[PDB]
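So, a structure with S-thalidomide in it.
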Amino acid sequence: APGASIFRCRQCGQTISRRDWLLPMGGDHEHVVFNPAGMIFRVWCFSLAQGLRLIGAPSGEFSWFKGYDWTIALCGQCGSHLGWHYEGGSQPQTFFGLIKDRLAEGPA
Ligand SMILES: O=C1CC[C@H](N2C(=O)c3ccccc3C2=O)C(=O)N1
Ligand SMILES: [Zn+2]
């Protein structure tokens, strides 16, 4: 009865991802980054996520991951900012960078 296998939106409970889907980009699933407004994020990389809504068209500006363009990923239920979807790159072509403290971990 594993208690730590699925990630939900911390604000509303929307199903978002799974521990099984964690992706070591450059050899770690966890990347600590800051944006141009100086906000620091603990980003967890996932191969796959669901329950999101991707807004706008991709941008390469200020991308933390070489060769990838990003789109903002909201919770599709509550509209909370959960992270970004990355695309346009290589091996893999796409992935999700989700903000760890915006997710709640728990049983399947
Ligand atoms: O890889 C990424 C994802 C998007 C992220 N991003 C933000 O967090 C942001 C906030 C305000 C202005 C501009 C940005 C921007 O590029 C960022 O800086 N890099
Ligand atoms: Zn939500």
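We're sticking with the PDB entry numbering for chain A, so the shown stretch reads 16-123, in order. Ligands are counted one by one from 1 in listed order, and the atoms in each one are counted from 1 as well. Hydrogens, waters and symmetry mates play no part in the numbers below; they use all other heavy atoms, side chains included. For this deposited structure, the header notes the method as X-ray crystallography, 1.7 Å.
In this structure, every copy of S-thalidomide sits at ligand 1. The chain that S-thalidomide touches most here appears in the PDB entry under the name Cereblon isoform 4. Residues in other chains coming within 4.0 Å of S-thalidomide by heavy atoms are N50, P51, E76, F77, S78, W79, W85, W99, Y101.
Looking only at heavy atoms of the protein, atom 17 (C) of S-thalidomide is closest to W79 CZ2, 3.4 Å.
Listed by atom number, the atoms of S-thalidomide under 4.0 Å from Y101 heavy atoms are 1 (O), 2 (C), 3 (C). For atom 16 (O) of S-thalidomide, the nearest non-hydrogen atom of the protein is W85 CZ2, 3.3 Å. When only non-hydrogen protein atoms are considered, atom 19 (N) of S-thalidomide lies nearest to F77 O, 2.9 Å. In this PDB entry, the source organism listed for chain A is Magnetospirillum gryphiswaldense. The protein heavy atom nearest to atom 14 (C) of S-thalidomide is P51 CD, 3.8 Å.
Checked against a 3.5 angstrom limit, the closest N/O atoms of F80 and S-thalidomide fall outside it. Nearest protein heavy-atom contact of atom 10 (C) of S-thalidomide is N50 ND2, 3.4 Å.
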Table of N or O contacts for S-thalidomide, cutoff 3.5 Å:
from          : atom 1 : to   : atom 2 : distance (Å)
S-thalidomide : 1 (O)  : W79  : N      : 3.0
S-thalidomide : 1 (O)  : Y101 : OH     : 2.8
S-thalidomide : 8 (O)  : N50  : ND2    : 2.9
S-thalidomide : 19 (N) : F77  : O      : 2.9

